[PDB]
Enquirer: 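PDB structure, Peptidyl-prolyl cis-trans isomerase A, N-terminally processed holding daraxonrasib.
Just so we're on the same page: letters track the sequence lines, and every chain starts at 1. Atoms within each ligand, like the ligands themselves, are counted from 1 in listed order. Note that these values count all heavy atoms, side chains included, but never hydrogens, waters or copies made by symmetry.
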Amino acid sequence: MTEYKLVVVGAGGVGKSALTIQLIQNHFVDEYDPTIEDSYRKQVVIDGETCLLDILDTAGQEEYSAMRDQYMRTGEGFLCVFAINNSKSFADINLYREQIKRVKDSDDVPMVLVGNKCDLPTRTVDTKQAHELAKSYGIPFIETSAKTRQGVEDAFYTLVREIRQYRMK
Amino acid sequence: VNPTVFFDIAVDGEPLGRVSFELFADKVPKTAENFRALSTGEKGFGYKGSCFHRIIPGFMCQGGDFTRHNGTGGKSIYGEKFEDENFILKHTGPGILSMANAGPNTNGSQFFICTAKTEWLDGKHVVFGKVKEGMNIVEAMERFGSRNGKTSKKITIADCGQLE
Ligand SMILES: CCn1c(-c2cc(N3CCN(C)CC3)cnc2[C@H](C)OC)c2c3cc(ccc31)-c1csc(n1)C[C@H](NC(=O)[C@H]1C[C@@H]1C)C(=O)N1CCC[C@H](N1)C(=O)OCC(C)(C)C2
Ligand SMILES: Nc1nc2c(ncn2[C@@H]2O[C@H](COP(=O)(O)OP(=O)(O)NP(=O)(O)O)[C@@H](O)[C@H]2O)c(=O)[nH]1
Ligand SMILES: [Mg+2]
């Protein structure tokens with residue numbers, strides 16, 4: 001069984017852990033439990049083949065931005081998450097992408113842009129703006145809700161497909 | 001005169017020992033008083049029976065969530081949260097007692113005890129006390145922590161109160 005190393009990154013409070021826990025445990029709770037660093041495992045059938053996902057849920061806490069290099073070296077693909085009601089979190093995305101590009105010394109890193117909390121009516125980030133950013137990076141963009149599960153499997157499975165393609169190069 | 005409180009710490013229900021703290025009521029009276037009252041339980045709720053849910057060897061032991069017991073809860077005697085009183089005192093080394101928070105003006109009941117100097121927390125967490133006796137008990141609690149803070153045994157406040 002092929003084992004994919006996924007890493008979930010993005011600013012504090014955008015829903016990185018809620019997305020991961022929805023995928024792994026099929027569960028959502030509204031409580032705030034800010035992350036130090038957590039790791040999960042899940043096997044899934046993607047495009048008719050069983051995959052094993054190793055998922056690293058990272059801290060958004062802004063004070064430790066210089067502590068990310070080790071996990072960026074280790075990870076194969078990255079879920080870059082912002083929240084659609086937090087414009088600062090969308091601006092932070094480019095900062096994360098530049099950091100991953102530097103550490104891996106590459107422009108071709110498997111990556112998916114995720115706009116989370118789409119269940120909420122108070123949108124401040126235009127969907128077209130995010131699509132355009134993802135197009136400029138050459139990566140997929142998926143809108144998700146960890147609360148309703150919209151797009152959750154699509155985001156993680158899409159990232160697996162991006163890595164699958166990368167591995168065949 | 002600054003008040004003194006104690007925790008009797010247990011590991012999986014077995015006594016480990018007593019840690020005592022001086023609370024700096026002269027510099028942070030509102031924050032000191034919250035911790036003092038939660039230690040006696042005199043408002044009908046408080047630290048007794050709660051656990052240290054996050055212990056990271058080399059840095060700190062964190063606890064104080066007596067409402068959800070999962071590291072997400074806690075409340076002050078003033079309401080769920082209260083404001084940062086001041087940042088006069090610094091995280092100068094092992095033994096410092098300081099409030100956990102989720103950003104500016106979000107103090108509740110969660111707190112941490114430093115096991116090293118944590119200077120980058122200065123100006124972001126309110127320091128309000130320090131270990132007086134039993135720092136080696138706090139050092140002993142680090143034996144049950146881990147890199148991400150998950151504990152390997154249940155570390156509890158079996159009893160707490162104020163010393164005369
Ligand atoms: C990069 C990895 N990382 C690290 C980190 C940092 C270093 N450095 C090495 C070089 N030096 C100079 C700088 C630091 C080394 N190794 C690691 C760890 C061991 O690598 C896994 C930390 C950390 C903190 C958070 C997220 C990721 C984090 C975080 C996420 S929420 C938070 N902090 C603040 C936390 N709020 C809460 O709980 C809210 C829910 C309640 C109400 C809070 O009030 N307190 C009290 C103070 C301590 C803090 N918890 C905490 O646990 O700090 C852990 C610590 C290890 C001290 C710092
Ligand atoms: N309405 C709504 N709330 C969400 C969604 N995802 C997360 N939340 C809420 O947003 C808050 C933060 O979620 P969390 O997953 O902890 O964010 P995080 O990115 O892991 N934060 P950190 O970087 O500190 O670990 C919680 O209150 C959570 O319930 C979502 O899709 N919709
Ligand atoms: Mg998280």
Enquirer: Just curious, which ligands or chains go with daraxonrasib?
Expert: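 Look at ligand 1.
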Enquirer: Could you check which other chains have heavy atoms less than 4.0 Å from daraxonrasib?
Expert: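 By heavy atom, the other chains are A, B.
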Enquirer: Nearest protein heavy-atom contact for atom 54 (C) of daraxonrasib: which residue, which atom, what distance?
Expert: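 The protein heavy atom lying closest is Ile56(B) CD1, 3.8 Å.
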Enquirer: Considering only heavy atoms, does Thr118(B) approach daraxonrasib within less than 4.0 Å through its side chain, its backbone, both, or neither?
Expert: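 Neither; no heavy atom under 4.0 Å.
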Enquirer: Which is it for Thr35(A) and daraxonrasib at heavy atoms under 4.0 Å: side chain, backbone, both or neither?
Expert: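 It is the backbone that gets close, since no side chain atom is under 4.0 Å.
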Enquirer: Extract from the PDB entry the name for chain A.
Expert: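 Entry name: GTPase NRas.
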Enquirer: In the protein, which heavy atom is nearest to atom 32 (C) of daraxonrasib, and how far is it?
Expert: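 Going atom by atom, the protein heavy atom closest to atom 32 (C) of daraxonrasib ends up being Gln61(A) OE1, 4.0 Å.
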Enquirer: Below 4.0 Å from daraxonrasib: does a non-hydrogen atom of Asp65(B) turn up there or not?
Expert: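 Distance cut 4.0 Å: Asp65(B) fails for daraxonrasib.
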Enquirer: Based purely on interatomic distance, does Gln62(B) place a nitrogen or oxygen under 3.5 Å from a nitrogen or oxygen of daraxonrasib?
Expert: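 Checking daraxonrasib against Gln62(B), an N or O pair does fall under 3.5 Å apart.
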Enquirer: Consider daraxonrasib: state whether an atom of it lies below 4.0 angstrom from any non-hydrogen atom of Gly108(B).
Expert: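 It does not; every heavy atom stays at 4.0 Å or beyond.
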Enquirer: Looking only at protein heavy atoms, which one is nearest to atom 24 (C) of daraxonrasib, and how far off is it?
Expert: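 I find the closest protein heavy atom is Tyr64(A) CE1, 3.5 Å.
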Enquirer: Tell me whether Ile36(A) reaches daraxonrasib (any heavy atom closer than 4.0 angstrom to a ligand atom).
Expert: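 It does, in that a heavy atom of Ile36(A) comes within the 4.0 Å cut-off of daraxonrasib.
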Enquirer: Do any nitrogen or oxygen atoms of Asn101(B) come within less than 3.5 Å of a nitrogen or oxygen of daraxonrasib?
Expert: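 Between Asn101(B) and daraxonrasib, an N or O pair is found under 3.5 Å apart.
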Enquirer: Give the contacting part of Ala59(A) toward daraxonrasib: side chain, backbone, both or neither, where contact means a heavy-atom distance below 4.0 Å.
Expert: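 It is the side chain that touches daraxonrasib; the backbone stays farther off.
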Enquirer: For daraxonrasib, is any non-hydrogen atom under 4.0 Å from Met99(B)'s backbone (N, CA, C, O), its side chain (CB onward), both, or neither?
Expert: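 The answer is neither.
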Enquirer: Identify which UniProt domain of chain B accounts for most contacts with daraxonrasib.
Expert: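 For daraxonrasib, the UniProt domain is PPIase cyclophilin-type.
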Enquirer: Is daraxonrasib under 4.0 Å from a heavy atom in the side chain of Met67(A), in the backbone, in both, or in neither?
Expert: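 Answer for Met67(A): side chain.
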Enquirer: Could you tell me whether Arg147(B) and daraxonrasib have an N or O pair separated by under 3.5 Å?
Expert: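 No.
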Enquirer: Mind telling me which species the deposit lists for chain B?
Expert: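 Source per PDB: Homo sapiens.
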Enquirer: Could you check atom 51 (C) of daraxonrasib against the protein and tell me its nearest heavy-atom contact, residue, atom and distance included?
Expert: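 The closest heavy atom on the protein side is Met60(B) CE, 3.8 Å.
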Enquirer: For daraxonrasib, which residues make up the site at a heavy-atom cut-off of 4.0 Å?
Expert: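 By heavy-atom distance, that gives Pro34(A), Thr35(A), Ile36(A), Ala59(A), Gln61(A), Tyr64(A), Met67(A), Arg54(B), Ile56(B), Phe59(B), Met60(B), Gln62(B), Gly71(B), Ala100(B), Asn101(B), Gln110(B), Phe112(B), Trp120(B), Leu121(B), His125(B), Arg147(B).
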Enquirer: Any protein N or O within less than 3.5 Å of an N or O in daraxonrasib? List each pair with its distance, or say none.
Expert:
{"unit_1": "daraxonrasib", "atom_1": "36 (N)", "unit_2": "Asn101(B)", "atom_2": "O", "d": "3.0"}
{"unit_1": "daraxonrasib", "atom_1": "38 (O)", "unit_2": "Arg54(B)", "atom_2": "NH1", "d": "2.9"}
{"unit_1": "daraxonrasib", "atom_1": "38 (O)", "unit_2": "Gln62(B)", "atom_2": "NE2", "d": "3.0"}
{"unit_1": "daraxonrasib", "atom_1": "44 (O)", "unit_2": "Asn101(B)", "atom_2": "N", "d": "3.0"}
{"unit_1": "daraxonrasib", "atom_1": "44 (O)", "unit_2": "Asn101(B)", "atom_2": "O", "d": "3.4"}
{"unit_1": "daraxonrasib", "atom_1": "45 (N)", "unit_2": "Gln62(B)", "atom_2": "OE1", "d": "3.3"}
{"unit_1": "daraxonrasib", "atom_1": "50 (N)", "unit_2": "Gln62(B)", "atom_2": "OE1", "d": "3.0"}

